[PDB]
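The structure appears right after this line, and notes come after that.
Heads up: chain A is whatever sequence line comes first, chain B the next one, etc. Numbers in chain A track the PDB entry; the residues on display, in order, are 22-668, 676-860. Throughout, chain B uses the PDB entry numbering, with the displayed residues spanning 22-668, 675-860 in order. If you check the header, you will see the structure was determined by X-ray crystallography, 1.9 Å. We count ligands from 1, going down the list as the structure has it; atoms in each ligand are counted the same way. The figures that follow rest on heavy atoms only: side chains count, while hydrogens, waters and symmetry mates do not.
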Amino acid sequence: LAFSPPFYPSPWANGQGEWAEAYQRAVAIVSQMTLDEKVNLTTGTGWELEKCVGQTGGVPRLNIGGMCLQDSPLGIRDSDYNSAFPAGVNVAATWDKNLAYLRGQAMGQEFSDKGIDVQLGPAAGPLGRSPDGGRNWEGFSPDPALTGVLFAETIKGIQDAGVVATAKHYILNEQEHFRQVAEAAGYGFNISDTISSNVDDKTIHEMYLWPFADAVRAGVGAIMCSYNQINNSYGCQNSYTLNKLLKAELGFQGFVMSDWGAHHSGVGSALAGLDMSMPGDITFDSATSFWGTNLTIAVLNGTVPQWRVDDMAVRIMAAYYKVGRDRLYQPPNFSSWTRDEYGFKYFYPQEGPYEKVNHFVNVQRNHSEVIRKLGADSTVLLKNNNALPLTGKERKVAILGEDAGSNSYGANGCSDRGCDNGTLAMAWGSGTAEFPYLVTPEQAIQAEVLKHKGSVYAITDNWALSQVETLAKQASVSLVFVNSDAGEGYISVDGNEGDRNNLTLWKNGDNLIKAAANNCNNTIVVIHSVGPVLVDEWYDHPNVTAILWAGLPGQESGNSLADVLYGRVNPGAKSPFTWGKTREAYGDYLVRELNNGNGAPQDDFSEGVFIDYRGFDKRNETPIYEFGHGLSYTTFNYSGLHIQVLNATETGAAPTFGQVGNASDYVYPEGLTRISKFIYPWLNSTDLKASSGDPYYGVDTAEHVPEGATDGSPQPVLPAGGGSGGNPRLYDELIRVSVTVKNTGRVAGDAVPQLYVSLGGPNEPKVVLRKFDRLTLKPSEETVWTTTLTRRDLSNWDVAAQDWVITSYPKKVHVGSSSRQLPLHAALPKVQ
Amino acid sequence: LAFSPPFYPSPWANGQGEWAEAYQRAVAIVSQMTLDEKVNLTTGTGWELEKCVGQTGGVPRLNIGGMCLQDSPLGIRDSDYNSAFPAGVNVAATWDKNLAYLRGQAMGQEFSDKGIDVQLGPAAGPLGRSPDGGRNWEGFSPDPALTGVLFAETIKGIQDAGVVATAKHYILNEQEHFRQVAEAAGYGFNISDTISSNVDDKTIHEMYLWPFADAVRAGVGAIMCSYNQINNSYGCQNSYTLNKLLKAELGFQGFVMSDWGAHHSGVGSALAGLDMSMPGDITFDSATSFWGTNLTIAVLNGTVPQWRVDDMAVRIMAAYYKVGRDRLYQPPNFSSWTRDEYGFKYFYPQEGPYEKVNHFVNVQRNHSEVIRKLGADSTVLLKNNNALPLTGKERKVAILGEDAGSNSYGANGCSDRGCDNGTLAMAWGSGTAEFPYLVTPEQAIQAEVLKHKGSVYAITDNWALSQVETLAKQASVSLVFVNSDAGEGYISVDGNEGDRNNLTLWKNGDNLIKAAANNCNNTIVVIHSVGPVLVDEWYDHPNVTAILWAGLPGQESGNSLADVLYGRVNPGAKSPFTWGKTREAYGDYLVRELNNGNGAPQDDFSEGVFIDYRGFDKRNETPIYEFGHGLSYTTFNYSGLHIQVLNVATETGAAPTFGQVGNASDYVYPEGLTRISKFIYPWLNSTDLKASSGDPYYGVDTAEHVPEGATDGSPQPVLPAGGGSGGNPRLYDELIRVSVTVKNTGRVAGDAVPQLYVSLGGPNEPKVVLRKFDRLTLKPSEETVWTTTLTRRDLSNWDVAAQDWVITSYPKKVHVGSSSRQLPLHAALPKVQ
Ligand SMILES: *[C@@H]1O[C@H](CO)[C@@H](O[C@@H]2O[C@H](CO)[C@@H](O[C@@H]3O[C@H](CO[C@H]4O[C@H](CO[C@H]5O[C@H](CO)[C@@H](O)[C@H](O)[C@@H]5O[C@H]5O[C@H](CO)[C@@H](O)[C@H](O)[C@@H]5O)[C@@H](O)[C@H](O[C@H]5O[C@H](CO)[C@@H](O)[C@H](O)[C@@H]5O[C@H]5O[C@H](CO)[C@@H](O)[C@H](O)[C@@H]5O)[C@@H]4O)[C@@H](O)[C@H](O[C@H]4O[C@H](CO)[C@@H](O)[C@H](O)[C@@H]4O[C@H]4O[C@H](CO)[C@@H](O)[C@H](O)[C@@H]4O)[C@@H]3O)[C@H](O)[C@H]2NC(C)=O)[C@H](O)[C@H]1NC(C)=O
Ligand SMILES: *[C@@H]1O[C@H](CO)[C@@H](O[C@@H]2O[C@H](CO)[C@@H](O[C@@H]3O[C@H](CO[C@H]4O[C@H](CO)[C@@H](O)[C@H](O)[C@@H]4O)[C@@H](O)[C@H](O[C@H]4O[C@H](CO)[C@@H](O)[C@H](O)[C@@H]4O[C@H]4O[C@H](CO)[C@@H](O)[C@H](O)[C@@H]4O[C@H]4O[C@H](CO)[C@@H](O)[C@H](O)[C@@H]4O)[C@@H]3O)[C@H](O)[C@H]2NC(C)=O)[C@H](O)[C@H]1NC(C)=O
Ligand SMILES: *[C@@H]1O[C@H](CO)[C@@H](O[C@@H]2O[C@H](CO)[C@@H](O[C@@H]3O[C@H](CO[C@H]4O[C@H](CO[C@H]5O[C@H](CO)[C@@H](O)[C@H](O)[C@@H]5O[C@H]5O[C@H](CO)[C@@H](O)[C@H](O)[C@@H]5O)[C@@H](O)[C@H](O)[C@@H]4O)[C@@H](O)[C@H](O[C@H]4O[C@H](CO)[C@@H](O)[C@H](O)[C@@H]4O)[C@@H]3O)[C@H](O)[C@H]2NC(C)=O)[C@H](O)[C@H]1NC(C)=O
Ligand SMILES: *[C@@H]1O[C@H](CO)[C@@H](O[C@@H]2O[C@H](CO)[C@@H](O[C@@H]3O[C@H](CO[C@H]4O[C@H](CO)[C@@H](O)[C@H](O)[C@@H]4O)[C@@H](O)[C@H](O[C@H]4O[C@H](CO)[C@@H](O)[C@H](O)[C@@H]4O)[C@@H]3O)[C@H](O)[C@H]2NC(C)=O)[C@H](O)[C@H]1NC(C)=O
Ligand SMILES: *[C@@H]1O[C@H](CO)[C@@H](O)[C@H](O)[C@H]1NC(C)=O
Ligand SMILES: *[C@@H]1O[C@H](CO)[C@@H](O)[C@H](O)[C@H]1NC(C)=O
Ligand SMILES: OC[C@H]1CNC[C@@H](O)[C@@H]1O
Ligand code: NA
Ligand code: NA
């Protein structure tokens, strides 16, 4: 079986780069803390014991309120009077750094105004190994350069608005199936440990880790480690991914929290680089924790060095100070577990004062504007045979498909969005927010038609084909809506356990489109979906005159779409993944059956880097719509490529901050009423063994602590580390590339120039994206797009050097409008 | 068994009153026609043979195009790019003569622009004997005064727009069960003839006949006789209702058409006062007709007098001229049977030239505006505990109920509206039109809330009660939508064979309302229905803060309602029927089982005049909401009632004939004409009359089957109650002027609906009966004096001994106020005669 080698000690923070001020403030306050106070920062207080999806107890003697951590990557979960933004995959479809940022900012503002300290998002893991993976839509794209840039801009927007962002899930959680042992049991499978993603060192560096290096360099304050194992070592105690890759090589200065139920040991995880346990207990409301009491004991008994807990507390306070949360602090003014105005303060056991638990604060501001805009700018026009934009003069409009209409249970009528009923504007699981309302395509397109005194109807039963056919024969234009949904693995909809069982349109979508197109010579298909779907049965039908993919647009869905269909917005989005002829064309199959008996299922990433377009190009397969493809209401020309060549070895010793006293300093204080299931830092008595309750307490302890796990002496800086996101020399700019871009059509709009490189060598993809931008040009207007290639951009990861190297194979650059339409190309000059 | 006494001969037209010019022009043209041409005017061409629901062949030699007759009373049926107006019941709820006229005008304009000559509406029969009758909603109100006045204004709007209106159904078609034998057989019932409505002479004059007297006096061109029998004689050959009540007593000058399949004999119907057979065949596509060829033969063989057939022709041409149809004529520019651009000219057999059958003419103009306004102005506010109007500042709005949302088959996705899915804006059967679009309450209310930056959702599955209760707990206001549907008897939805099986909300509505009100202290109920529904289980719930009934609003439903809920329109509508505690409180049970073996079921109207509020008041029962009840966002005061007393041929001419009849050979099929399969023609196969009729009863006991008087063309007496239009003109003398001051005593402009009831006196008269009303717009503090007059008819009762209206010697009283039960002003009336 795959093996995960050790890397110890867990590196300590050092005030790196833009962290210097936040780290000095964190060390000044952590220095004042007792051991039980430090431990309070590191451990949640128990599932649904307070207000937020995750919440720590804070340090009240030092005026630090408990840290409130809340989903989701696309808006506040489990709350009220908040907005529901389009999903991360829509941000990927915009290819628009500025919109990713502005969406970050608007979410940060709403979370901050609910008294939330830490947003659990954005996501870049899953990256998207498999097109049917259940959570790819929360992240961005299976391409690392596109994902890493939009991930980083999202982070910066959220943190500039004063909320800590949490880059998740770290790392290789590329499928829902078998990701948790209790979930698998509920779905009929008996496994002893979760699925192990088994991945070679070059692949992890070139693909899955690269957006985390961007998040790190962009200043992300938190990282959430993942439920799966990596080479048979759990993500939240994997010393290789956490100590070596994240903290030593990428130089991460913030804190690593567990995913909920992903914490699997106290001592093991603390020494392997975990800093925060969520929701704080061992299983939900077990009243036991691998940390809390147990971590205070682990330090008192000498097994976890003081410097390790001290560094947890410094990383946690430093992220909180880095975003300025201290200046915006207020306790969470809502409850994730009830919408009632009043309730017992501690929800799960219904204890504590009976008091106001919701204040109904309306944090929406004018955020519907950025959502409606980001929806229109993420609507990919895949096909347009001169059918769009509409004019408003069409005499009779047929709106067809359940995906155009209302969810009959209300927009929030399925818990965590766990159904696919009515228009699909948000997929399911934790990656969700309550809509404040939901504008359906039916509502916005019928309003638009009635404004022009046209005739219009909506048929929203996809087996009502008699009516579809009759109305399609009478219509000037048939707008046909179809979807495909997916989500987090703890929910199953129609037997899809988070992951999609296939890429075919749900709810009779293919037959609905063929019924319309058999009868209307102007059939326009609109797809809402978590990722690609199969279109081969109808996309080339002669009466299908346009096709659009609008992703998961959030609350302004129908208005975002109408703006595009009626020409208020000229679509600029590009596909952020590949649209293949068959599921086989993508390869990268999910592990859907036990393959290691009743042990952990083994998920070998045997394709290496060759996911999505890199795999189609390697196999010489032709996509229907390639990565980077999207049309516009105008045309663009690219010409005039020009290329120009441009002109610490050790750490400190681990520090300790403050003093640790005797056990009797950490016994429960006598005036305090202990709330049932609440997780505390304190001991029942000075008897360490008895207060831990651990059946393994004090047995074979040293043989269970890896060599070096307690070494606080100065360490070597890795060749590829020493900076933020990697050695700073990786970010030196080596080549500048320019091209001229002209709008040669009649409509103002945006181009998305894309710069790919070919790094050369027998095992490298033919082309890999490295730069892009989204440039607004009026008709006939031109501009020069200039960008630069860094040392990292031209490197490959060398497993023998443990470093990025520019290999000696000759490299080329290609610029154009998609991964398959690259009219400009040149050999690059040799650089090192 | 009830018996229907004979009345012969069938009165001939005479140019009465406003018909003088139309009659002269009809005589002049019918004088030029051959017998087969005349017959062509009287008989439709066969079910689906041409474009319109009914269609005659016309007279091409004299450039008279075939007459195109199309449904419905609320908009053009079976067509395209037309509007869908609110139902006649909503017009009744407006209590607004002007809006009634404006709706008729906007409908006549649309019909005229499609090349339709005759609109099959409006309807005042069923009047509304039973609250569960399947078609009451197409008419107006169970009250004859409210109905007759709004029926009349609807007819004047249509005919002023140049289309002939058809007052239907004449008469006593008060229920759908057993109305047609083949329908009854499709539902498992074996009957040899249709339901017989059996009614006494005073009741028919005081109730069912009264709105038709108004129709006739307002100048209606056509009348459509009914499927039921009346005292065991079919509506379309009932000499008593057609010859005596309609043509002699009411003096009707236009033409009587059959309902479709209501024509039951050639000779018998022509002599009993029928003028036009629709759709022209005996059963759909039978290629046989009681008229056409048979009527030509019946005149040739001496059995139907030429004067009778000339009179049919003159009544038909006179109605056509009277509305100026000849000045707007164009062939129908759509087909009722297909939406294809091209097709065979003769749809049913797919014969004739292949040519353009649809021109897709957009006739809607800006009629959405009158629809929008009339839906708002017909929304009755039944209860409002200071909950409405909404301000727009409600922080979270729950829209609850399938009736708020879309029909998932599309607004037109159920044929003839034969389902109750999504918002109910139109009930089912022939009384329907294709929506151009349908704005749902969900759409218009969610749009209003988003304009104010509120939060809003719609739950539209009425068994999703977990979600309903969760959202209702979170909401500032919960708007709960519920409905109850019905329609014409040939369609059954959920076992309701046209008629409603109960007056309970459909689709779990009572449980939905209780789920919302148990959780939300500001639950507002909105009812779309064909008539009253039982509200006893929740109307008085402490968290039910407002209740509205919005009827069947047509295509602008959601916008009409939002205009009211948000106070752009202050509701002025008033209930046009009673809301009782139980079904038993209304009495008047439908006949739902065979009670005459396998012969015609018998429907005895044994309550006499005591239907709807007259029955409740007679039984001393308290309605939840009485007839005439509606609240406003302002208040009104009525004061200062004052009463002021104010200051005909005896024989007809002889029956004329116009033009000449020749030999049987003039009427044989023309040699060079292709005869279209199933098409009905006026021509004979040969000069053999017997063989050309194909009638198994031809020449059988003929004399015995021709009623006494039926061929009598000599001068007739004028009935004491006849001699004018809608009755002897002395009935319309104004005898009393009544005035009262109405003041808006509140803070917002609005419409008051003053109502004037009389008590006629006498042991068997209703305690009060509506006579006058108007709808008056007043600004805050403004006053106005409402003045109206009572006519001799208004103060009379029908005396069966005299056969005339008589002001009886019991002391009479006037009562004025805001409903049938809120009448603060009363005055004794002085003796007048
Ligand atoms: C010139 O050319 C013309 C065009 O071709 C020729 O016209 C044909 O003339 C024939 C006579 O020669 C006609 O045939 C006879 O028709 C009658 C009338 O039938 C209709 O009306 C019935 C009710 O009638 C009353 O009311 C009408 C007006 O509404 C009056 O006109 C009648 O006079 C009669 O009036 C009395 O009652 C009213 C009150 O109700 C009073 O106010 C009056 O004061 C009078 O008292 C109605 O019931 C009939 O309905 C039947 O038919 C419908 C289908 O059309 C169907 O939907 C109904 O369910 C019902 O079906 C049942 O009956 C029919 C037959 O009629 C069966 O086939 C069927 O299967 C069912 O049983 C209809 O709407 C009709 O009554 C005559 O039939 C009676 O007499 C014959 C024998 O003479 C019997 O064989 C029949 O069974 C029947 O017997 C019943 O009645 C008897 C009373 O008379 C009684 O003794 C018996 O006990 C029995 O119960 C004839 O069928 C033919 O209609 C007409 N064709 C056209 C196309 O117009 C003309 O002949 C020719 N001239 C010359 C000189 O050659
Ligand atoms: C790890 O994080 C966890 C989670 O955040 C931290 O746990 C929290 O620690 C808090 C202390 O920082 C502790 O706070 C206590 O709350 C109690 C309940 O308060 C609520 O109910 C009261 C009473 O109705 C309301 O007044 C109040 O507003 C709340 O609604 C308080 O009662 C405690 O107040 C006492 O201590 C504080 C100072 O901490 C005094 O300011 C206050 O006056 C009270 O002082 C009395 O009691 C203390 C000790 O209990 C005495 O030392 C003092 O002399 C006073 O004694 C008199 O009164 C008591 C009875 O009232 C009487 O017996 C005595 O004889 C005298 O007459 C305090 O505010 C949270 O409950 C606790 N959270 C949970 C879930 O357990 C933990 O500290 C963190 N750990 C570290 C190491 O940082
Ligand atoms: C007066 O005249 C009116 C008009 O004719 C008469 O009304 C009819 O009354 C009938 C008798 O009540 C009604 O028939 C009943 O219909 C009930 C509801 O059927 C619908 O809803 C259910 C439940 O839907 C939920 O669950 C679905 C499947 O899980 C889900 O898809 C759906 O979205 C709903 O979800 C919510 O709830 C679930 C859990 O419950 C949650 O998980 C979810 O999150 C949501 O919260 C659905 O199954 C069904 O297919 C349909 O769409 C039925 O439930 C009744 O059937 C039960 O009881 C029967 C005994 O009565 C028994 O045979 C049967 O086996 C069931 O146990 C029943 O069919 C009818 O609809 C009314 N028609 C109209 C037009 O209103 C009225 O009866 C007359 N009144 C009187 C006094 O005479
Ligand atoms: C009772 O009402 C019915 C239905 O309205 C009338 O029946 C129609 O009568 C009209 C007028 O006579 C008939 O019209 C004839 O149609 C023929 C076919 O016309 C179409 O197809 C041709 C061939 O492709 C086209 O070229 C043409 O434009 C039409 O689109 C015409 O060809 C006839 O006109 C000429 O033909 C005859 C040949 O016999 C010659 O005498 C002349 O040269 C003449 O120019 C004619 O127009 C129509 O077909 C009838 N309809 C049906 C359904 O049968 C009755 O006439 C009316 N009865 C009374 C007594 O008024
Ligand atoms: C600590 O004491 C508490 C309360 O007495 C007891 O419930 C708990 O089990 C003890 N913990 C351990 C590890 O024994
Ligand atoms: C008249 O002639 C047609 C065509 O020959 C024949 O089919 C039809 O049956 C006849 N009508 C009658 C009453 O015989
Ligand atoms: O559709 C034509 C006729 C059918 N029977 C009912 C009438 O109201 C209608 O106009
Ligand atoms: Na086809
Ligand atoms: Na309650």
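The drug seen at ligand 7 is recorded under the name afegostat. Looking only at contacts, the largest set of contacts to afegostat comes from what the PDB entry names Beta-glucosidase 1.
Other chains having non-hydrogen atoms less than 4.0 Å from afegostat: B. Binding site of afegostat at 4.0 Å, heavy atoms: B/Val74, B/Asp92, B/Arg98, B/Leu141, B/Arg156, B/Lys189, B/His190, B/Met245, B/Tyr248, B/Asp280, B/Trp281, B/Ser451, B/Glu509.
Among the atoms of B/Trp281, none of the N or O lies under 3.5 angstrom from an N or O of afegostat. For atom 1 (O) of afegostat, the closest heavy atom belonging to the protein is B/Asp92 OD2, 2.5 Å. Per UniProt, the active-site residue of chain B found nearest to afegostat (heavy-atom distance, rounded to 1 Å) is B/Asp280, 3 Å.
Heavy-atom contacts of B/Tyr248 reach the following atoms of afegostat: 4 (C), 5 (N) (cutoff under 4.0 Å). Counting atoms of afegostat from 1 in the listed order, those under 4.0 Å from a heavy atom of B/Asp280 are 3 (C), 4 (C), 5 (N), 6 (C), 7 (C). Within afegostat, the atoms closer than 4.0 Å to a non-hydrogen atom of B/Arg156 are 6 (C), 7 (C), 8 (O), numbered from 1 in the order shown. When each atom of afegostat is checked for a heavy atom of B/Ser451 under 4.0 Å away, the hits are 1 (O), 6 (C), 7 (C), 8 (O), 9 (C). Considering both main-chain and side-chain atoms, B/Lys189 comes within under 3.5 Å of afegostat through a nitrogen or oxygen pair. Listed by atom number, the atoms of afegostat under 4.0 Å from B/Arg98 heavy atoms are 1 (O). The contact set between afegostat and B/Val74, taken as ligand atoms under 4.0 Å from a residue heavy atom, comprises 1 (O), 2 (C).
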